[PDB]
Number of protein chains: 2
Amino acid sequence: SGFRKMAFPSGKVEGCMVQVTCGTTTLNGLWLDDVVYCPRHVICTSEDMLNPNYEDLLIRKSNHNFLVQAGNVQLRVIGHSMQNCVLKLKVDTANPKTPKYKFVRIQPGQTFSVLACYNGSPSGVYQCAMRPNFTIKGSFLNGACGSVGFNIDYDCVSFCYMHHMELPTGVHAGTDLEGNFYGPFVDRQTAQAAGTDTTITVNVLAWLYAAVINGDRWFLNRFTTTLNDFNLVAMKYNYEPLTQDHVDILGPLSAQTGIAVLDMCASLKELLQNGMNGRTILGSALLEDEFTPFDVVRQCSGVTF
Amino acid sequence: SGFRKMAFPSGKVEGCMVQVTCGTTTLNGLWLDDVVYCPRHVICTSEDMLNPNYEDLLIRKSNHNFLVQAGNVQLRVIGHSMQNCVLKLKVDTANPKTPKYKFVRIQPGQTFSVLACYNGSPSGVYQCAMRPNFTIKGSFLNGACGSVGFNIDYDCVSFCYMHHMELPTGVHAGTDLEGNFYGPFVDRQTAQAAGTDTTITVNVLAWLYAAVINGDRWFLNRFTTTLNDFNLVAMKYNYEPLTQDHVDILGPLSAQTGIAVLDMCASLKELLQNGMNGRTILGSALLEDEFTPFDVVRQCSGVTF
Ligand SMILES: *C(=N)[C@H](C[C@@H]1CCNC1=O)NC(=O)[C@@H]1[C@@H]2[C@H](CN1C(=O)[C@@H](NC(=O)C(F)(F)F)C(C)(C)C)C2(C)C
Ligand SMILES: *C(=N)[C@H](C[C@@H]1CCNC1=O)NC(=O)[C@@H]1[C@@H]2[C@H](CN1C(=O)[C@@H](NC(=O)C(F)(F)F)C(C)(C)C)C2(C)C
C-alpha cells in the first residue's frame, strides 16, 4: 500500500553528467558515446542573453574555448556543432558509462524524472509532468541548465528534456535532446508567458483509481455520466477534454477495480462542483494530475528496471 | 525557483542491491564490502510469520540455504549471523561498487530517500520522513522488504532504514541497519498500531520559509507570539512542541528571509486556526511537514553530491 510521487533510479544518468564551461559561463552537459550535449546559451555573456544572435556568437568560438570536465578529468573537444538550441561537442573519448539510450520528444501530459545538477554534479531527483502548456513545475537555480529529464524502460534510458529557463510564473521550460523547445519558448531573456495551465484529466482519473486501489474511496458516488456531459463540466474548470483514447488507456485500471471510466468521471464531476469538503485523497487536499495511467500501474504492480 | 519533494541521486545505492532467497521466500539485500544485510523474516514461511521463533527457525538454516544473486551472478555465502531483526550473510566477494558509507540511526522528524526494490532490482526513488510515531508514509508492495532508506553527504552514503512491514493504517515500519526497529514494532504478523501521528512543527516552519523565498507569502500576518503561547495552540492540533533548539536550527532560513521564527509561528497559528480558505502554498492545500530545515536550505542553495 501507499502511493508516492516516485522518480526512476538515477544511476544510469548520473554516469553521463559532465560540466561544460565556455568563458565565464558554466552549466551541465550530457555525455553519451563521444558527444556532449548542452544548452547553446553556454556561449553567452549575461549581456548576450538579452538579445543573442547565436550563429554570430558561436562563430567566435573554437573547440579549445569549450572546457568539458567529468569529475576532475578534462575531456578533449575535437568538434562542435549547433543543432537548434543545443550545442553538440565532439570529444575524443566515448563515455565508458554510456547506458543503452534513445532520444524521445514526449507528449503533453506524460511524466519523466529530472536529475537536477550543478557544475556537472547531481543534486537530486524528482518527477515532473510535461504540462499541456509545455512547461514543467520544477525546482531549478542558477547553473541548473543542462540538467536532463528521462524515463527508463528496463535497461534503456529515454532522454526527453534538457533544462534551459524559468518563466515569470516560476515554471520551467526547455528542449528535447535535438534542441527543439517544448512550447513556444525561445532561449532569450525577454518577457515570455506560458499560456493557460490546463489540468491533465486522464491523469486525475488514473490517480482516483490509485486512491481506490489504496482503499481511499469516500468520493465514489452513485452517478454515471457521458463523455460529452463530463467534457462540458471539465472545460469550465480548465480540464483537458477526455477522449475514447484516454478511456482506453485507463482500461487496465478500470478492469482492475471494476469501476467504469464514465462512473469515475461522474465522481470527478462531483469533486469539481462540490470540492473535497476538507477531506483528502492519498494525502492530498487537491486533485493530483502528475501521475499518468502508466505511473499508477507501474507503482501498484512493482515494475522494476 | 520552485520547490519539489526531491530524493538523493540513487546510483551509489543501486550498486549495492542484491536478491536474497531462502526457500520459497525472496526479498532484497544490501551488499556492502563482504556482507549482505536483509530482513530476518526471509527465513519464514507464510505460516511462520504469524508467531515466529527466529532463533529456532534460523537453526534449521545453513549457509547453502541462502541464495544471493547480484544481477545474474550468484554470490557464495560463507557465514550467517542474526543481529536483532536483520540477517547478515558473509559472502566470499567484497562488492566492487561499495561506496563510502556509514550506518546511522535517525531521529524522528528527519528525512531520507528510499530506493524501492523488488527481486534485487530498483523500481524507484522517493523521499520519506521518519514520523514522530516512528512510521514512514511509503509505497511498498509484496517483496519490497530489504529496500533501504539513506541520505548522502557529498560522497558518503548514510544508510538509516531497511523496510520490514506495513501497519493497518497503510504506513510502514522497519529497522536501522543494526536491525533495531524504529518504534515499538515487532516483525510478526499480528495486530500492531502506530500511535497518534503528530505533525513535525519545525518542518512546517522550514516549508513556510521555503514558500517565502519562492515569493508565496500571502499567509504572512501582522502578529507575533511566544514559544509557550504557540505551543498551547500547536498541542491542540497534534503538532510537536517547538523548542529553542528548533528555533536555532531555523536560524539560516530566518536570517535569509529577515522573518523572525516567532513571527512565522504566529502566521502558522493563524493558518491552523483559520485554515487556508481554498488557497495554496507551494502548490499544496495542506501544511507540509516532510521537509527538514536542511532540505529547504539544500534545495534553495543547490548543494551537490
Ligand atoms: C540556466 N542555468 C538558467 C536556469 C534558470 C535560472 C533561474 N531558474 C532557472 O531555471 N537559465 C537561464 O538563466 C535562462 C537563460 C537566459 C535567461 N534565463 C532565464 O531563465 C530567465 N528567464 C526569462 O528570461 C524568461 F522569463 F523569459 F523565461 C530568468 C529571468 C533568468 C529566469 C536564457 C538564455 C533564456
Ligand atoms: C516485505 N517484503 C513485506 C512488505 C509489506 C507487504 C505489504 N506492504 C509491505 O510493506 N513485509 C511483510 O509482509 C511483513 C512480514 C510479515 C507480515 N508483514 C506485514 O507487513 C503485515 N503487517 C502486519 O502484520 C502488521 F500490521 F502488524 F504490521 C501485512 C499484513 C502483510 C501488511 C512480517 C514478518 C512482519
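Residue numbering restarts at 1 for every chain, and letters A, B, ... go by the order of the sequence lines. No hydrogens, no waters, no symmetry mates; every other heavy atom, side chains included, goes into these values. Both ligands and their constituent atoms are indexed starting at 1 by order of listing. Header entry for method reads X-ray crystallography, 1.5 Å.
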Quiz item: Drug at ligand 2 - which one is it?
Solution: nirmatrelvir (bound form)
Exercise. Specify the chief binding partner of nirmatrelvir (bound form, ligand 2) in this model, using its name in the PDB entry.
Key: 3C-like proteinase nsp5
Quiz item: At a 4.0 Å heavy-atom threshold, what other chains are in contact with nirmatrelvir (bound form, ligand 2)?
Solution: B
Practice problem: Please list the residues near nirmatrelvir (bound form, ligand 2), using 4.0 Å as the heavy-atom limit. | Solution: B:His41, B:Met49, B:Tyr54, B:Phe140, B:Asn142, B:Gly143, B:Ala144, B:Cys145, B:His163, B:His164, B:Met165, B:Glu166, B:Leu167, B:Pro168, B:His172, B:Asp187, B:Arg188, B:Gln189, B:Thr190, B:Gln192
Exercise. Quick one: look up the protein heavy atom nearest atom 35 (C) of nirmatrelvir (bound form, ligand 2) and list residue, atom name and how far away it is.
Key: B:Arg188 N, 3.7 Å
Quiz item: In which UniProt domain of chain B do most residues touching nirmatrelvir (bound form, ligand 2) lie?
Solution: Peptidase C30
Exercise. Report, in ascending order of atom number, the atoms of nirmatrelvir (bound form, ligand 2) lying under 4.0 Å from any heavy atom of B:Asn142.
Key: 6 (C), 7 (C)
Practice problem: Provide the covalent bond partner for nirmatrelvir (bound form, ligand 2): one residue and one atom, or none. | Solution: B:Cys145 SG
Quiz item: At a 4.0 Å threshold, what atoms of nirmatrelvir (bound form, ligand 2) neighbour a non-hydrogen atom of B:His163?
Solution: 4 (C), 9 (C), 10 (O)
Quiz item: Counting both backbone and side chain atoms, is some N or O of B:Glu166 under 3.5 Å from an N or O of nirmatrelvir (bound form, ligand 2)?
Solution: yes
Self-check item: Protein heavy-atom partner closest to atom 33 (C) of nirmatrelvir (bound form, ligand 2) - residue, atom, separation in Å
Solution: B:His41 ND1, 4.3 Å
Practice problem: Tell me which UniProt active-site residue of chain B is nearest to nirmatrelvir (bound form, ligand 2) and the heavy-atom distance to 1 Å. | Solution: B:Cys145, 2 Å
Quiz prompt | Any N or O of B:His164 closer than 3.5 Å to N or O of nirmatrelvir (bound form, ligand 2) | solution = yes
Quiz item: Which nirmatrelvir (bound form, ligand 2) atoms are under 4.0 Å away from a heavy-atom of B:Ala144?
Solution: 2 (N)
Quiz item: In the protein, what heavy atom is nearest to atom 24 (O) of nirmatrelvir (bound form, ligand 2), and what distance, to one decimal place, separates them?
Solution: B:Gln189 CA, 3.3 Å
Exercise. If you have a sec, work out which protein heavy atom is nearest atom 2 (N) of nirmatrelvir (bound form, ligand 2) and how many Å separate them, to one decimal?
Key: B:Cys145 SG, 2.6 Å
Exercise. Quick one: look up the protein heavy atom nearest atom 27 (F) of nirmatrelvir (bound form, ligand 2) and list residue, atom name and how far away it is.
Key: B:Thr190 O, 2.7 Å
Quiz item: At what distance is the nearest protein heavy atom to atom 16 (C) of nirmatrelvir (bound form, ligand 2), and which residue and atom is it?
Solution: B:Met49 SD, 3.8 Å
Self-check item: Nitrogen or oxygen of A:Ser1 less than 3.5 angstrom from that of nirmatrelvir (bound form, ligand 2)
Solution: no
Self-check item: Per-atom contacts, nirmatrelvir (bound form, ligand 2) versus B:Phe140 - under 4.0 Å to a heavy atom
Solution: 8 (N), 10 (O)
Quiz prompt | Nearest protein heavy atom under 4.0 Å from atom 31 (C) of nirmatrelvir (bound form, ligand 2), yes or no | solution = no
Exercise. List every atom of nirmatrelvir (bound form, ligand 2) that sits less than 4.0 Å from any heavy atom of B:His172, numbering the atoms from 1 in the order shown and giving each element.
Key: 10 (O)
Quick check for students: name every N or O atom pair between nirmatrelvir (bound form, ligand 2) and the protein closer than 3.5 Å, with distances.
from: nirmatrelvir (bound form, ligand 2); atom 1: 2 (N); to: B:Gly143; atom 2: N; distance (Å): 3.4
from: nirmatrelvir (bound form, ligand 2); atom 1: 2 (N); to: B:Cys145; atom 2: N; distance (Å): 3.0
from: nirmatrelvir (bound form, ligand 2); atom 1: 8 (N); to: B:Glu166; atom 2: OE1; distance (Å): 3.1
from: nirmatrelvir (bound form, ligand 2); atom 1: 10 (O); to: B:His163; atom 2: NE2; distance (Å): 2.7
from: nirmatrelvir (bound form, ligand 2); atom 1: 11 (N); to: B:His164; atom 2: O; distance (Å): 2.9
from: nirmatrelvir (bound form, ligand 2); atom 1: 20 (O); to: B:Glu166; atom 2: N; distance (Å): 2.9
from: nirmatrelvir (bound form, ligand 2); atom 1: 22 (N); to: B:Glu166; atom 2: O; distance (Å): 2.9

